[PDB]
Undergrad: 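Okay, handing you the structure first.
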Amino acid sequence: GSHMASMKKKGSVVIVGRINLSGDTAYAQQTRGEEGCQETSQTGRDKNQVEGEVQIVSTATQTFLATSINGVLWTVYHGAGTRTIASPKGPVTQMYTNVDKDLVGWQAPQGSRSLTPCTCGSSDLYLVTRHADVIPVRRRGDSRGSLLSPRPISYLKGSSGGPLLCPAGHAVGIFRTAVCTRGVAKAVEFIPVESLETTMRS
Ligand SMILES: CC(C)(C)[C@@H]1NC(=O)O[C@@H]2CCC[C@H]2OC/C=C/C(F)(F)c2nc3ccccc3nc2O[C@@H]2C[C@@H](C(=O)N[C@]3(C(=O)NS(=O)(=O)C4(C)CC4)C[C@H]3C(F)F)N(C2)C1=O
Ligand SMILES: [Zn+2]
């Protein structure tokens, strides 16, 4: 538009829940409902206590995941764009933005726990979805893995920004893309942790 005084502002990304990997069972928890999410997106002020490594996040129009690795909460550019994230003191600006990697990052929220970047060189991986499904994935390239059990894409939708982990629970990558045939996801692509570690200068 040409009328700046009425131009709107996009809201912040908001943490609305988490994937609980604390104990012996993985399960999703919601920490904020739709109304509070909308309000928090507009104000950027989120006083809710944050816990864990994998957050469920939402904008006004999308919901996906975000994962803390080495003190950074990482997600996909196609979900977050350039948006701030809501936090107790107001909106927090991205610390990393790389559209070429489909990647953004913010400082990890107080109370979150961070995954350690994997140095195992292991190719037996585990994708964690927004429904707390743990999906075996065989690493097939620097940024590619095949699902041991293919699944309709509906089962993976909304899980971009989630982790692929190694057998020891280290972060190997950030889920960003599915490779499908006739609506069935047979493979995934991810941002490898080394591409993050480069981004971080670790
Ligand atoms: C057909 C398909 C499966 C929808 C699509 N596959 C696909 O295109 O495969 C091609 C062929 C082989 C590799 C790949 O090359 C293109 C790479 C695309 C990309 F990913 F790098 C990407 N870079 C962007 C950068 C800037 C702006 C937009 C961008 N948009 C992109 O891709 C778009 C987004 C991505 C997506 O849906 N991700 C997931 C997800 O859950 N999102 S989400 O949470 O629901 C949500 C949309 C709320 C945020 C994990 C997959 C879940 F559904 F399984 N896409 C399309 C796909 O996966
Ligand atoms: Zn490892």
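Numbers in chain A track the PDB entry; the residues on display, in order, are 980-1181. Counting convention: from 1, in listed order, for ligands and their atoms alike.
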Undergrad: Help me out: which of rifamycin SV, glecaprevir, emodepside goes with ligand 1?
TA: glecaprevir
Undergrad: Just trying to sort out this structure - which chain has the greatest number of contacts to glecaprevir, name per UniProt?
TA: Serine protease/helicase NS3
Undergrad: Can you walk me through which residues contact glecaprevir using 4.0 Å for heavy atoms?
TA: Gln1041, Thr1042, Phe1043, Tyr1056, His1057, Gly1058, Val1078, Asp1081, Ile1132, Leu1135, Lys1136, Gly1137, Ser1138, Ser1139, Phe1154, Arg1155, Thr1156, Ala1157, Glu1168
Undergrad: Can you list the glecaprevir atoms lying under 4.0 Å from a non-hydrogen atom of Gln1041?
TA: 48 (C)
Undergrad: Quick check: which UniProt domain of chain A holds most residues touching glecaprevir?
TA: Peptidase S29
Undergrad: Within a distance of under 4.0 Å, is there any protein heavy atom near atom 56 (C) of glecaprevir?
TA: no
Undergrad: To which protein heavy atom is atom 58 (O) of glecaprevir closest, and what is the distance rounded to 0.1 Å?
TA: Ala1157 N, 3.0 Å
Undergrad: Under 3.5 Å between any N/O of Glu1168 and any N/O of glecaprevir: does that happen in this structure?
TA: no
Undergrad: Can an N or O of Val1078 be found at a distance shorter than 3.5 Å from an N or O of glecaprevir?
TA: no
Undergrad: Less than 4.0 Å between atom 49 (C) of glecaprevir and some protein heavy atom, yes or no?
TA: yes
